[PDB]
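Shown here: minodronate bound to Farnesyl pyrophosphate synthase.
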Number of protein chains: 2
Amino acid sequence: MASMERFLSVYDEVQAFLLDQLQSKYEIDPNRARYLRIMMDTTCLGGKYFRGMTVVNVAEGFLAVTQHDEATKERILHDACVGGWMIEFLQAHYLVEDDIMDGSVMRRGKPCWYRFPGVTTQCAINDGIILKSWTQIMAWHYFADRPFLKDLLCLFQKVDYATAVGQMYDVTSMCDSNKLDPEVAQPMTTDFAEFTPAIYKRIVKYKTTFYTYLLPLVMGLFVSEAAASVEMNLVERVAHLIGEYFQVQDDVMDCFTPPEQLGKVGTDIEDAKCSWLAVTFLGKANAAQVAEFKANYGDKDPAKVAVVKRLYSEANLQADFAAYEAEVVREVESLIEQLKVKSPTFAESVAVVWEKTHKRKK
Amino acid sequence: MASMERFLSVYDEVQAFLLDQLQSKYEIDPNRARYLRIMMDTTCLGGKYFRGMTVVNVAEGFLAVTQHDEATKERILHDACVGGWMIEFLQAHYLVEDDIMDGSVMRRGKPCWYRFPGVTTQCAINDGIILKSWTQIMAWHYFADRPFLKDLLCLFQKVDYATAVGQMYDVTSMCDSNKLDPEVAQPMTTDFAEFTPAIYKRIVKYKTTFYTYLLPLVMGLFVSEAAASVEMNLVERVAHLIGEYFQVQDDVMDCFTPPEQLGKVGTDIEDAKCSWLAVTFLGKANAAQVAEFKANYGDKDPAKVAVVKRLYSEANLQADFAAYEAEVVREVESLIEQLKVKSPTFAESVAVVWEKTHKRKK
Ligand SMILES: O=P(O)(O)C(O)(Cc1cnc2ccccn12)P(=O)(O)O
Ligand SMILES: O=P(O)(O)C(O)(Cc1cnc2ccccn12)P(=O)(O)O
Ligand SMILES: C=C(C)CCOP(=O)(O)OP(=O)(O)O
Ligand SMILES: C=C(C)CCOP(=O)(O)OP(=O)(O)O
Ligand SMILES: [Mg+2]
Ligand SMILES: [Mg+2]
Ligand SMILES: [Mg+2]
Ligand SMILES: [Mg+2]
Ligand SMILES: [Mg+2]
Ligand SMILES: [Mg+2]
């Protein structure tokens, strides 16, 4: 695709600036510099680019309906692409750490960064932190001058914090709230009482909807100076909605999509994750299905995992997903309809994002 | 001490705000809220507070020589204390991750956060990231309104990045630059050719002098609006100097201070760290001392470590430290003398910081 290449060319610009700066203000030798180019390529590239592309889409949207000089068109698109990369670098950061926290094996068809032979956990934690700093380095370099800079950075760190908070929700989801205590070794739940639709939704709201949807949509508005031309409550509500759906597909895919298509290998069952499959399962299963699940869930044993998979198939959980999906389509089309009142171009952007998300295979 | 208590009371304010906000905008249950109060207390408290106190000192300095209304005095001190906590929270973040990367056991007389039974590595990585976000949450809450806010946040992230970059230098210091490669398992150096004074100094410049000295000194100026009344090159140079010395003491203490006085247990020998002791040792030892060191360094074996300790004692490395220290006193007093020309009050601040650093025991 010819817009993908234009986005990626801005990466090459950004990568060059970052690496030049390291050699020239941070006294880095070429081998460490090389290491960081590979760390940036490995953790920032080979994804769908839908977070960053989303910023560009929103910006091109306002550009088609507004008068601008050719140079402003250019600047604005360039700003959109750098903004896009901030979010991709923000994601890279989170995935590096997440793969560590989750015990993952592959991502984008390659081993997870920390599993690289010359990397390891000790380095990966810090590479992760580098990824996050890079995002602030870009912002300050490319946007120091822009009227949207405070707003952009205030949003970004609010989104970053929601995500970290959401991450803490996810990684403690298999613990009984009342037993959770830094002094005491955390035992897994036996009741699964907190695998509810409400709690599931809280987890996913924070760990994924802010950075996956809210941030790119609102950033696209910021770099367009168009935030006053939209109902912000509608934007928040639609980003939460689509973002929840996006995480539901992620959960479904963890268990049911073969790793070669997915580019990563599922770990939710092993990890005892409060995943959409698990919550939906516990919502429809009988007494004997529940008990069989309690005795097999949250263990690396390939045979116990096989059982949970067989339980999930038995429970016919694809019916539940069709119902789920049908309701989300209702509400998304609704919210897009509402967005049309003050901003038809933006609601068209939302519709493209939704379309891409709905039709996803990996 | 009665200024320590006033600083800590601002923590209680900040802690309350952060935790209230979680319950009221982030839907946190009391048990997760509790977990984060203990994580904040454990990682933010029980240290010397010299980074944050340093901001307060600098601010009180400009307040004694300037006319202000009683309310501005108050505001400015409050701002200084919140600024101070940003750096303490920034340090907390770095120590949580560092203890993981370094394989440490204790800090401030308690197990390292990740070694807590109810915490673990998976949670600690993220608690760490929370710590860093808290710093931006404070800034934006307390200072959204202040004229120094861009400057403060631009500096902070520049300092944060230098540190992360310095961390990558430290954790790869026992690798031969030319062998370092993400695809290939990293073998320790056999030559120790990169354990030089120049390389040592580059490591420490980035991993410690920016956040330990540059940031608090410059932040104290920012919240005082007094940055134009100082020679910034002199500030940078003195912060680098004192900060290097501070890391040298840290290295010396790692090996030679008993854990009960230190509050942490040394790991530099085991970890193959490019530490001041190692570099100085390699700088004065004979052919047979060097070879004996090469065969014992970078191994957890208590007996190989015993040997490196015995080699360090043999080499009479406390003479070298006295010479080192005598030269730093020369240059610090020099730089403080220079600081007196445009700003005598600030140079007095620097002198207090230096005095505290020089006379430290843990
Ligand atoms: O590993 P993946 O891709 O399956 C999965 O999506 C990863 C993921 C989702 N949301 C976040 C937020 C921060 C870091 C990682 N995140 P999950 O949430 O299931 O770990
Ligand atoms: O663990 P400590 O206290 O001995 C030691 O000081 C810790 C340390 C120094 N500088 C940094 C910067 C970021 C994180 C940790 N840092 P070291 O550098 O020797 O790990
Ligand atoms: C569910 C979430 C938010 C994590 C998976 O992220 P993506 O599937 O967007 O990862 P890439 O496309 O960037 O590989
Ligand atoms: C050498 C450095 C910079 C790390 C040790 O930091 P401190 O010795 O300042 O840690 P606390 O006083 O905060 O425990
Ligand atoms: Mg994961
Ligand atoms: Mg996860
Ligand atoms: Mg997943
Ligand atoms: Mg350490
Ligand atoms: Mg270290
Ligand atoms: Mg140390």
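Going down the sequence lines, the chains are called A, B, C, and so on. Per the PDB entry, chain A residues shown: 1-362, in order. So for chain B, numbering is the PDB entry's, and the shown residues are 1-362, in order. Every number for a ligand or one of its atoms is a count from 1 in the order of the listing. All values below come from the heavy atoms of this structure, side chains included, with hydrogens, waters and symmetry mates left out.
Taking every copy into account, the model assigns minodronate to ligands 1 and 2.
With heavy atoms closer than 4.0 Å, the chains neighbouring minodronate (ligand 2) read B. Defined by non-hydrogen atoms within 4.0 Å, the binding site of minodronate (ligand 2) is B:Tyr94, B:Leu95, B:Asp98, B:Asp102, B:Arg107, B:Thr163, B:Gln167, B:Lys207, B:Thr208, B:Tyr211, B:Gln247, B:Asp250, B:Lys264. The contact set between minodronate (ligand 2) and B:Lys264, taken as ligand atoms under 4.0 Å from a residue heavy atom, comprises 2 (P), 3 (O), 4 (O). Close approach of minodronate (ligand 2) to B:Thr163 (heavy-atom distance below 4.0 Å) involves ligand atoms 12 (C), 13 (C).
In summary, the atoms of minodronate (ligand 2) found under 4.0 Å from a heavy atom of B:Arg107, numbered by their order in the structure, are 1 (O), 2 (P), 3 (O), 7 (C). Geometrically, minodronate (ligand 2) and B:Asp254 share no nitrogen or oxygen pair separated by less than 3.5 Å. Within the listing of minodronate (ligand 2), atoms 9 (C), 10 (N) sit less than 4.0 angstrom from a heavy atom of B:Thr208. For minodronate (ligand 2), one of its N or O atoms has an N or O atom of B:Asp250 under 3.5 Å away.
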Contact table, minodronate (ligand 2) N/O with protein N/O, distance under 3.5 Å:
unit_1                 : atom_1 : unit_2   : atom_2 : d
minodronate (ligand 2) : 1 (O)  : B:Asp98  : OD2    : 2.9
minodronate (ligand 2) : 1 (O)  : B:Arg107 : NH2    : 2.8
minodronate (ligand 2) : 3 (O)  : B:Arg107 : NH2    : 2.2
minodronate (ligand 2) : 3 (O)  : B:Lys264 : NZ     : 3.0
minodronate (ligand 2) : 4 (O)  : B:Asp250 : OD2    : 3.2
minodronate (ligand 2) : 6 (O)  : B:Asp250 : OD2    : 3.2
minodronate (ligand 2) : 10 (N) : B:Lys207 : O      : 3.4
minodronate (ligand 2) : 18 (O) : B:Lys207 : NZ     : 2.7
minodronate (ligand 2) : 19 (O) : B:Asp250 : OD2    : 3.3
minodronate (ligand 2) : 20 (O) : B:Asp98  : OD1    : 3.0
minodronate (ligand 2) : 20 (O) : B:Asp98  : OD2    : 3.1
minodronate (ligand 2) : 20 (O) : B:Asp102 : OD2    : 2.7

